[PDB]
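Here the structure is laid out as C-alpha cells; the discussion comes afterwards.
Along the sequence shown, residues carry numbers from 1. Read the numbers this way: they start at 1 and go in the same order the structure lists the ligands and their atoms.
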Amino acid sequence: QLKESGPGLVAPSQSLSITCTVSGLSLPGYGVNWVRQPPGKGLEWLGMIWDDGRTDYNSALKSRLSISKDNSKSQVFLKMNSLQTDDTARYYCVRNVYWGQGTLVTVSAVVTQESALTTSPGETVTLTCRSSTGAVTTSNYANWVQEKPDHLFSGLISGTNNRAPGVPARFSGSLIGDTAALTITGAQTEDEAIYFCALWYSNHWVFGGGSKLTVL
Ligand SMILES: CCCNC(=O)NS(=O)(=O)c1ccc(Cl)cc1
C-alpha cells in the first residue's frame, strides 16, 4: 500500500513537498511514479523514480520538479517549486497497478480514448487507446486504470494484457489494430466508471483523456 502526505494548502511561488510512504510486503513494478489530476481535468504524469535510483520526468515540468527517496524510511518524495495556480490538483504516487488515495493540493505524444460509451448489463464493450505517434505495441506497456467514484484509482491491466490481482476475469487487455484495447466481457453495473489508459514512451508515461463508461 501507498499513502501520500502533503501540506494541503501551499502558497503561490513557494514550494511543494509531498511524501509517499510505501508499506507492505511486495513491490510489483520497477519504481514509484508521481501523477496528478487537476480538479475536473484529466490525469497528468509527473515523474518516476526507478528502483536503481534513476529518475525520469515529464519534460514539460522537468525544470520545477525533483524526486528523491529514502530507502531506510521506505519513502519517495516529490518536490516542486514556483507553485502556480494551475498546480492545484490531487497528487498520487503509484507503483505498478497500485495507487494511493492521493492528497489534494490547493494553491493559495498524444493518447486518445473514446470520450464516452454506454452499454447494458451482460453485453460486451471495448475501449480503445490510440497513440498519435503511430501504432501501439507491447513495447508501450499499455496500462488500464479504473477511476471509480470518485477519486479512487485502481490499475486493471498492466503490460498490455496482464490482469491485476483480484480484477474480475471479464476485464482483458489486448492490442487491436494499432490501438490498445480493454475488453469488458459481459459488463455489469459495477463497471460504470472512468477508464484511463497510459502508454510508455521509452522514458515517460502519457495518459489518455479517459472514457466514461455508463452501464444502464
Ligand atoms: C520498463 C518500461 C516501463 N515499465 C514500467 O514502468 N513498469 S512499472 O513499474 O510496473 C509501472 C506500471 C504502471 C505505471 Cl502507471 C508506472 C510504472
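Looking at ligand 1, the drug among chlorpropamide, anagrelide, aciclovir is chlorpropamide. The main binding partner of chlorpropamide (ligand 1) here is, in the terms of the PDB entry, anti-sulfonylurea antibody scFv.
Residue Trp45 does not touch chlorpropamide (ligand 1), judged by heavy-atom distances below 4.0 Å. The source organism of chain A, per the PDB record, is Mus musculus. In this structure, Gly31 is part of the shell of residues with a heavy atom less than 4.0 angstrom from chlorpropamide (ligand 1). Nearest protein heavy-atom contact of atom 10 (O) of chlorpropamide (ligand 1) is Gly29 CA, 2.9 Å. In this structure, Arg95 falls outside the shell of residues with a heavy atom less than 4.0 angstrom from chlorpropamide (ligand 1). Lab note: no covalent bond from chlorpropamide (ligand 1) to a chain modeled. With respect to atom 16 (C) of chlorpropamide (ligand 1), the closest heavy atom belonging to the protein is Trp205 NE1, 3.0 Å. Ranking protein heavy atoms by distance to atom 11 (C) of chlorpropamide (ligand 1), first place goes to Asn96 CA, 3.8 Å. When only non-hydrogen protein atoms are considered, atom 2 (C) of chlorpropamide (ligand 1) lies nearest to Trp200 NE1, 3.2 Å.
The shortest contact between atom 17 (C) of chlorpropamide (ligand 1) and any protein heavy atom is with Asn33 ND2, 3.3 Å.
Taking every non-hydrogen atom of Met48 and a distance limit under 4.0 Å, the qualifying atoms of chlorpropamide (ligand 1) come out as 6 (O).
Of all the listed residues (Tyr30, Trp99, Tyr92), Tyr30 holds the heavy atom that lies closest to atom 8 (S) of chlorpropamide (ligand 1). At 4.0 Å, heavy atom to atom, the residues around chlorpropamide (ligand 1) are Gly29, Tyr30, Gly31, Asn33, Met48, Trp50, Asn96, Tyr141, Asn143, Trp200, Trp205.
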